[PDB]
Novice: 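Hi! Got a PDB file here: propentofylline bound to Chitinase A.
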Amino acid sequence: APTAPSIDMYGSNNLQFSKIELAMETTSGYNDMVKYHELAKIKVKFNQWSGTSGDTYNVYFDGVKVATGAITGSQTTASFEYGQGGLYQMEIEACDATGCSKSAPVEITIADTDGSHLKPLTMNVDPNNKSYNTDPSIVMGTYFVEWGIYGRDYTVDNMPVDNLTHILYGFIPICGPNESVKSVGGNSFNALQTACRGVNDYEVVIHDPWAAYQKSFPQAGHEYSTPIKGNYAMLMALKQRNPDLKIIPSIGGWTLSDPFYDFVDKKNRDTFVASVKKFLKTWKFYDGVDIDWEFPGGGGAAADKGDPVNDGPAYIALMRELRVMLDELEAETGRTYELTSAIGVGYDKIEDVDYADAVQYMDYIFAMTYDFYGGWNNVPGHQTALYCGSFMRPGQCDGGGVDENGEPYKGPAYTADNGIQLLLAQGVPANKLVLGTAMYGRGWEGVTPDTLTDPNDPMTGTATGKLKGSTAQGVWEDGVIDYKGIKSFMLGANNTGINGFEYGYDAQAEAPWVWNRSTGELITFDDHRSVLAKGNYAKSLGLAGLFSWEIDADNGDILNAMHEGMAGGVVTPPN
Ligand SMILES: CCCn1cnc2c1c(=O)n(CCCCC(C)=O)c(=O)n2C
Ligand SMILES: CCCn1cnc2c1c(=O)n(CCCCC(C)=O)c(=O)n2C
């Protein structure tokens, strides 16, 4: 027989192969950092210094022949292509007429962006997240933010994945006009400019490649030379742990919606949709796309953008065209892809899209039932309430009344039910609607007792400015505080108030607040009670389920209540 091949491990990249090439120690344009191959190029060097070398080699993976070629003297390079990621026991055999001899087996890794080479992620979840047996039909969604791995120190292995059906990954930008990003300050706009160098306008990119795929996370077993790292490698490993989980990239959001206003021109939609198809071929752990245009018709971060006539038809066409594209991927891969969107629920947002048309293309609508009131002005109110609060004036709820100055309300008040009923009334199916819950509060200072028109209700007072605090308190920007910060700094473990705060609840609205009457600090948020109320509202209307913004800000209480309030329920999945 020929002499047995001896594999040159260091001449063969230590048998580490990847279908994706990712730049690691630089930051450049997306097309120069990320290169995907449908087939991995495998090259394995071996030698046969003694004896006879033979004529032909065969490569085996787990005892199955995967490649063959010619032997070239005493040193040979086996070169072949292979599509399926994984870890395999490789042998190389040399053959002639006399017989065959084979190497010892050695593990080869073929990395792919489905995580097929990875073991299930090891989790590190706060034990306050409890276990439930919610029916698998109901949506239990959350948004994980790319930048949460910095000061917020919240990583993929912290997510209570057994309590989630859908993870929406916030946020993938679109190259093009993005002045709104400058409102974040810091490096955000300039990082986008770098990502978009060499990229056509209206194509998607990764905003922060360090967070997405370069940073080594030791809890994930990464080392510097691992070929895929960051959040994305952790999501791939999470998908091996929980294969029925859906992970969906979120395009847009408040600061990254400016390019959508150019989708009135179909050419720009075509460019965008093609780029999304490429993205989903590159990053196989993703299961669809979520479009978070804030908002058709305007009213978002860009005060100079919005077209009430033309943006709705553009939105619908986008959905049409995305669903054509996703059907191409389902034909090509055999998988199921979802198309979703998060939408505004003020009457003035909903009136600018004919959702009876759009929703036929969509799996789910994540209704943004939060941010109804907040620190952008000095008017208290319930930011995430189901129904109209006591503080509202006569005819404010339904919009038929007049304000304190005698000026007509322009439409129904900002509540979750007013928006859900406008969507239902034009024919959006309940079982495609997902109701939002807030894992944060918004708040004010200066709401002292002398400003209240009803002494029992701080929502009738007036503010002097935003809530101020530190990042240790969960105050990452003025006027906004993580729920886990409200629980540590204002509620306490027994939920009866600490630090000078008192707890109250508007039973009509289904909305909690905490108020420090000495500082006039007032915070509107979702709590156990209001989230139970949202779950029972969702059961009563036959909504698809609940989702939450944003998962790093919870301590377990909000997601627990989401499942609590859904107990016993099932829903028809969209088909
Ligand atoms: C409201 C919280 C602030 N905020 C809201 N949206 C945000 C941010 C933010 O801070 N960054 C930082 C990106 C820098 C990327 C890189 C390559 O370094 C963002 O990208 N986005 C979308
Ligand atoms: C994340 C951005 C917060 N943020 C910062 N400034 C804001 C917002 C906000 O959310 N809304 C509400 C949007 C429309 C809500 C509705 C139709 O129900 C605002 O009006 N302004 C000025």
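Numbers in chain A come straight from the PDB entry, and the residues shown are 22-596, in order. Atoms considered below: every heavy atom in the structure, side chains included; atoms not considered: hydrogens, waters and symmetry mates. Going by what the header records, the deposited coordinates were determined by X-ray crystallography, 1.2 Å. Whatever order the structure lists ligands and atoms in, that order sets their numbers, starting from 1.
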Novice: Which ligand entries or polymer chains correspond to propentofylline?
Specialist: ligands 1 and 2
Novice: Among all protein non-hydrogen atoms, which one is nearest to atom 2 (C) of propentofylline (ligand 2), and what is the separation to 0.1 Å?
Specialist: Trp275 CD2, 3.4 Å
Novice: Of the protein's non-hydrogen atoms, which lies at the shortest distance from atom 12 (C) of propentofylline (ligand 2), and what is that distance?
Specialist: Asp392 O, 3.5 Å
Novice: Give me the residue, atom name and distance of the protein heavy atom closest to atom 16 (C) of propentofylline (ligand 2).
Specialist: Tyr435 CE2, 3.4 Å
Novice: Residue-level breakdown please: for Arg463 versus propentofylline (ligand 2), do any non-hydrogen atoms fall below 4.0 Å on the side chain, on the backbone, on both, or on neither?
Specialist: side chain
Novice: Need the propentofylline (ligand 2) atom indices (1-based, order shown) with element for anything under 4.0 Å from a heavy-atom of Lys370.
Specialist: 14 (C), 17 (C)
Novice: If you take the nearest heavy atom of each of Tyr368, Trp570, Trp397, which one is closest to atom 7 (C) of propentofylline (ligand 2)?
Specialist: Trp397
Novice: Around atom 18 (O) of propentofylline (ligand 2), find the nearest protein heavy atom and jot down its residue, atom name and distance.
Specialist: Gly367 N, 3.5 Å
Novice: How is the binding site of propentofylline (ligand 2) composed, by chain and residue number, at heavy atoms under 4.0 Å?
Specialist: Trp275, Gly367, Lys370, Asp392, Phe393, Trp397, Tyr435, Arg463
